[PDB]
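Drug present: clotrimazole.
What you see of chain A is 23-259, 270-279, 288-496, where the numbers are those given in the PDB entry. As a basis for the values below, the full set of heavy atoms in this structure was taken, side chains included, without hydrogen atoms, waters or symmetry mates. If you're wondering, the header gives X-ray crystallography, 2.8 Å. Note that ligands are numbered from 1 as they come in the structure, with each ligand's atoms numbered from 1 the same way.
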Amino acid sequence: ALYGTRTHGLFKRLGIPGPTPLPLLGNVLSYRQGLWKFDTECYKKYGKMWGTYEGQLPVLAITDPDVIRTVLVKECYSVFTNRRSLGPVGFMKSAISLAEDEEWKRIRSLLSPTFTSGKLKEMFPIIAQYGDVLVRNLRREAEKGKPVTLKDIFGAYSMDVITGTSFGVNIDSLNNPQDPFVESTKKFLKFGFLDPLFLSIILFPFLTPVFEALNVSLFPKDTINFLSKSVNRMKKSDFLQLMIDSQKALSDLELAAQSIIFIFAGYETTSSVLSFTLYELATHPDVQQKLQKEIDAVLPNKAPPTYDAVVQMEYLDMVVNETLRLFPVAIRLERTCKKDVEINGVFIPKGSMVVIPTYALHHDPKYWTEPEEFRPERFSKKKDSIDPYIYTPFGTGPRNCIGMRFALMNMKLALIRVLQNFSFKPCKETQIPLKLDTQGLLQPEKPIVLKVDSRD
Ligand code: HEM
Ligand SMILES: CCCCCCCCCCCCOCCOCCOCCOCCOCCOCCOCCOCCOCCO
Ligand SMILES: Clc1ccccc1C(c1ccccc1)(c1ccccc1)n1ccnc1
Ligand SMILES: Clc1ccccc1C(c1ccccc1)(c1ccccc1)n1ccnc1
Ligand SMILES: Clc1ccccc1C(c1ccccc1)(c1ccccc1)n1ccnc1
């Protein structure tokens, strides 16, 4: 059984500290507390650089901004181009989040004109039309005299926007739970929990070819089929339309992968940050009232938002940027060495992983005074510019979040509407302080519920 004790002497030899890996498992057992908790604990114990093992895969965490800049920007195309080892994914191998090396550079180049600020300005009325249904669905829950579970309200809004901006179909997620789009896309929420299949190829990466050969995918095969068949039937009759017009050619299999992955990526994360932003505005009433004072001063008498009004709301941008500091839903940034590389005078083998602990650097007292406190004033345009390698909620470099500007616009349009019409405050069922759960996509331990009062 030559598999278990092959690489577990690397960091010990290189002089890089870290937790003691168990045979076969590595340090994988330490993840059960959540990657956010494991990363902060390692940061406090070892410092600038530590080393863990996902099975037999060596993982080197780095916290020096000069080193982060080299891995995310300088040597991106040359060493650290790909994110994590390929797993059994089927045709989703052409998804932009999975594509590697030259194939990723090509797919990223084709999709880049779709997510420019110019195309976002053209789609602004499309995104904004989903604010009405959000305010309406939130109005009835407010007049019921009962608390509002934010994940159901903004989860439905996030699915509505991401599907409407992808296919042009105006789903009413909250009022049509039995819709096939809603039930299929709902299964994406299981992402973030324990995945034995994903963990099996982590500990035994040689199983990835076997699973592919047996047509086993890390994605919900039923949901991937519904979306792929839905994408095809629509092409006979938008993110989809922008990708059809672009047809270096984007194949039919590749385009179906990008449509699916954009829905997968935008659904829960947008829903999660939107709930975190409202929790902070409720537990900080003066922060909420000041933000309401800004929206009303720019948009008088509940005026419909325009692009220029949304972009020129500074205090709205500060609140969102601070919610993302406290809760970067993608806890960390990961990269793979496509060759033997020397990082900060340390020789790292090919295929090893480099983790930028975003969450740990976001709560570091060395960079943020009172790091556990929601202070939007950190992102005031008068202070010194925040380090782009310490604050990395969307990552940095050629391979950062391609939908960063879209997600920020999608959330702000929602925040402006709900604040134009409602105020938010806690109640007996609200957890203070907020306890994060162990899920790999940041979620609270108990669902956020807030009292929603209309301003009229
Ligand atoms: C506020 C919500 C969001 C957060 C916090 C977020 C966060 C991230 C992060 C941290 C990465 C990794 C970047 C890196 O490795 O440096 C990423 C990648 C990505 N995100 Fe997002 N994201 C969000 C919303 C979205 C939305 C709405 C979309 C879809 C339009 C999206 C699509 C992607 C894709 C496709 C990638 C992979 C980029 C690539 O590998 O080329 N994300 N996101
Ligand atoms: C032929 C060879 C086959 C090889 C099979 C390999 C199987 C590997 C199994 C080892 C698992 C090791 O687990 C440690 C790593 O876990 C880290 C991530 O998990 C953190 C959260 O869960 C902690 C896991 O350990 C405690 C058990 O808790 C499980 C809770 O799962 C989430 C609960 O939610 C219910 C399930 O999800 C539905 C969500 O709607
Ligand atoms: Cl599909 C995949 C293959 C290899 C590594 C990571 C992923 C990942 C995923 C998605 C669904 C189920 C299991 C793994 C993944 C899992 C955790 C963190 C990042 C990526 N993925 C999501 C988008 N593109 C790839
Ligand atoms: Cl276990 C693991 C290792 C490396 C990357 C991601 C994961 C992940 C996870 C989830 C919750 C707490 C710790 C790690 C994970 C993180 C984000 C999204 C999906 C899975 N996981 C893989 C299989 N089961 C769980
Ligand atoms: Cl892009 C993507 C698609 C499908 C599932 C997950 C993700 C991803 C993510 C988010 C939170 C926790 C783990 C992975 C992700 C996939 C791959 C690499 C980084 C992040 N993501 C959603 C939005 N922006 C990025």
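- For clotrimazole, every matching ligand or chain, copies included, can be listed as ligands 3, 4 and 5.
- Lab note: main contact partner of clotrimazole (ligand 5) (name per UniProt) = Cytochrome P450 3A5.
- Per UniProt's heme-binding annotation of chain A, a non-hydrogen atom lies under 4.0 Å from clotrimazole (ligand 5) in no residue.
- The heavy-atom binding site of clotrimazole (ligand 5) at 4.0 Å consists of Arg105, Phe213, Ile301, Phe304, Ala305, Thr309, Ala370, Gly480, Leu481.
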